[PDB]
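Structure containing afegostat.
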Amino acid sequence: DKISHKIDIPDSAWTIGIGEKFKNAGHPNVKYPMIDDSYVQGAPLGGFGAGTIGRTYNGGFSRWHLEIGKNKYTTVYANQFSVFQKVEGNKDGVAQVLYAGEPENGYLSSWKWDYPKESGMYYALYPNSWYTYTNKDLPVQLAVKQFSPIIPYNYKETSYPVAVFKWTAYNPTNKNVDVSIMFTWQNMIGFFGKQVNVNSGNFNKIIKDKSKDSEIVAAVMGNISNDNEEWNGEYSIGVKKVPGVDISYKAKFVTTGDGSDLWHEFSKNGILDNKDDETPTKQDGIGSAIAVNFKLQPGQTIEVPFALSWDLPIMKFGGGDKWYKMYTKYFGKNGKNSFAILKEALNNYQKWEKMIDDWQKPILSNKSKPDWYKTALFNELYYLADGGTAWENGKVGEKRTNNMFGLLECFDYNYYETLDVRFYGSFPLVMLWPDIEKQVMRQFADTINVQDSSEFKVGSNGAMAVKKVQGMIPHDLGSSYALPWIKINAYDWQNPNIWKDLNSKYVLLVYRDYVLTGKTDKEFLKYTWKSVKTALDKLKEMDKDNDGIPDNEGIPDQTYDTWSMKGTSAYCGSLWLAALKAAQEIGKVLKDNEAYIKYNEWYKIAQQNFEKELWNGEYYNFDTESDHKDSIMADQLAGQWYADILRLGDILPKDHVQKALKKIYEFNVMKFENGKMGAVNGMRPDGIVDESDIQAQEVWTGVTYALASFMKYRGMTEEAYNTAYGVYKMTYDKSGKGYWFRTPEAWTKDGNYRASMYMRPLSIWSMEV
Ligand SMILES: OC[C@H]1CNC[C@@H](O)[C@@H]1O
Ligand SMILES: [Ca+2]
Ligand SMILES: [Ca+2]
């Protein structure tokens, strides 16, 4: 490996061998079918709302999130980088696809598959990833850095459906070597969203843009139709000419064939026919190829950028709504703009790399933080782009000032912006893209008084219930299978109109967003103030026994949606106390004396009764009325965690919080698989895991990272990082369960999981407040 020296991969990059088999992988631990795409994953490419493409550590373009809200794992075998090399003086060169695998059927049988083991590495530090190729039959060593311009405080480039592939080639030998690198791509129009004749009318064209000192050559892969539909648009791949390289291309090869039309050219001398052909196809799949060829002298290095763009301007949801994706603001809506997006990338990628470096450097250069922590912090952000992210720039047929946004809870539970989850999972948005965060919270504010009297069947008990009650915050903002932003509360396992955490979490999120954007956005507090008051006033009505605290109802009426709480709970009770203190503060900022006085009175009464009802001398009891009411809950003090972040001071005595946190670390962490797997949710005071529900026996990744955050603010530095380390280890480490770029909600003591690709563990960013 002499190529590593020639590029700059950070030490904290996650790394794995190209072609590596992983032995330990976990699987779903639930009864019904659950997504399991295997451990062959990688960092995604694509902006927010663009649709993303997961290129795996083996090289294949395999995890397709181009249909917004859907996860489709299938390798499109024509989509590759390939290399040709010939030592000057030798009769023949060698040609190899850079993919550690081969097609299932006989398509593309002419190409050279099965990139060998122990011949290169994959690295990831999102939004960047790298591959290195160190192969005994490739005398020239190669690496690529790939990325999309995901940039905090930037709402433009961050939206782009584009990826850059910056290649570095180095000749460590004493002979001249001829090298080609070829990017192939299938014309994927009709891959989704087309009911019949999936390739019909697809055609490819070549663009040569020769603006002095800036030749770009690209393929644009589209369809003859000018229709404005979810399926229609264009893909483009291309390359920018640099000194010392020549470009060649082939417009059209058949992907539903043996591939020799292309491969007989490439394998001879690494130079393609430059044959243009815009003939549309009927049944056959087609693709395009772009290649560079160059001679490297001994000791010579060369750098060459390729790019990929996809202009699929319309997203369609299952309920029938069609929306334009955010990036269309910058490139147009007609679906014929892939070349413009590609060109922008090829001409500005250096600038984008520098902008990425500028936002990673403050964390990477901090030598007080261990590498593993850096690995997790950056790579968890994969989910912001990969989470079925929807970001609209107008309804098709319908202009507003705002662009509605949604991030999925996950794909198995297909709900946008699940609020009880986003309480944990929205930290990166508030910290790095706060205009999006504020928009999402205004979306919730606008729903508070919506009343929908139509009925639905509650999954857990079969009872009928009202869809949406006036003054109750919705669970979510719809599903990709139905009508995001339009039909709320897609979730039906429990009735969220009687949840005891949603209204208080809402208020806490409002005040968080004010605090963590510098306590200046008085307009945001004004916009949301009525919804805040309404939310708390409605929750106060659920206090049955007049202790000043809402009563959990002996059913799962909060985020732990199969784990019953009854009476006053530590979890919902602490959130209530914190939310009251937040509303007091807002009342003070907005000079609303009536509200300040009311919420202060409610707070004093509730605080006093919470302490009396739950403090047992060592920790806060789980609740007042359940069978296992004295279980130690990892999340028992969630309200105080948020109160620290919001700078609301002590809602509970310092001495008691410190004792509780130490108890959680001693039991829920250290007595669960020796503290190597996070914080189990529920532990009995005898040191055995609480068995009253599956959720008690799970570690929740987002709960554990948040707990680590809480511990860190309270000066329990070692406990905080040791707690978080188990989540890192299980996700990323060789000794873990292989969940990289699909961090799940939860795992049990055996390491098996529930709900891969989950929003909650984005809470790791709370460790950086
Ligand atoms: O794993 C628990 C989660 C399942 N889906 C709905 C959420 O409200 C819940 O926290
Ligand atoms: Ca270290
Ligand atoms: Ca009560």
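Residue numbering for chain A follows the PDB entry, covering 31-428, 431-801 in order. Determined by X-ray crystallography, 2.0 Å, according to the entry header. Each ligand, and each atom within it, is numbered from 1 in the order the structure gives.
Counting repeats, the structure shows afegostat at ligand 1.
The chain in largest contact with afegostat bears the name, in the PDB entry, of Glucosylceramidase. Protein heavy atom at the shortest distance from atom 9 (C) of afegostat is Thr591 O, 3.2 Å. The shortest contact between atom 5 (N) of afegostat and any protein heavy atom is with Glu441 OE2, 2.6 Å. No N or O atom of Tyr447 sits closer than 3.5 Å to an N or O atom of afegostat.
The distance from afegostat to the heavy atoms of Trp531 drops below 4.0 Å at these ligand atoms: 8 (O). Judged by the shortest distance from any of its heavy atoms, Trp732 lies inside the 4.0 Å radius around the atoms of afegostat. In terms of protein heavy atoms, atom 2 (C) of afegostat is closest to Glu777 OE2, 3.3 Å.
Between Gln727 and afegostat, a contact under 3.5 Å exists for no N or O pair. Protein heavy atom at the shortest distance from atom 7 (C) of afegostat is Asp452 OD2, 3.4 Å.
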Return a table of N or O atom pairs, afegostat on one side and protein on the other, at distances under 3.5 Å, rounded to 0.1 Å.
| residue | atom | partner | partner atom | Å |
| --- | --- | --- | --- | --- |
| afegostat | 1 (O) | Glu777 | OE2 | 2.7 |
| afegostat | 1 (O) | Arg786 | NH1 | 2.8 |
| afegostat | 1 (O) | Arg786 | NH2 | 3.0 |
| afegostat | 5 (N) | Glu441 | OE2 | 2.6 |
| afegostat | 8 (O) | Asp452 | OD1 | 3.4 |
| afegostat | 8 (O) | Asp452 | OD2 | 2.5 |
| afegostat | 8 (O) | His507 | NE2 | 2.7 |
| afegostat | 10 (O) | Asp452 | OD2 | 3.1 |
| afegostat | 10 (O) | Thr591 | O | 2.6 |
| afegostat | 10 (O) | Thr591 | OG1 | 2.7 |
| afegostat | 10 (O) | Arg792 | NH2 | 3.0 |

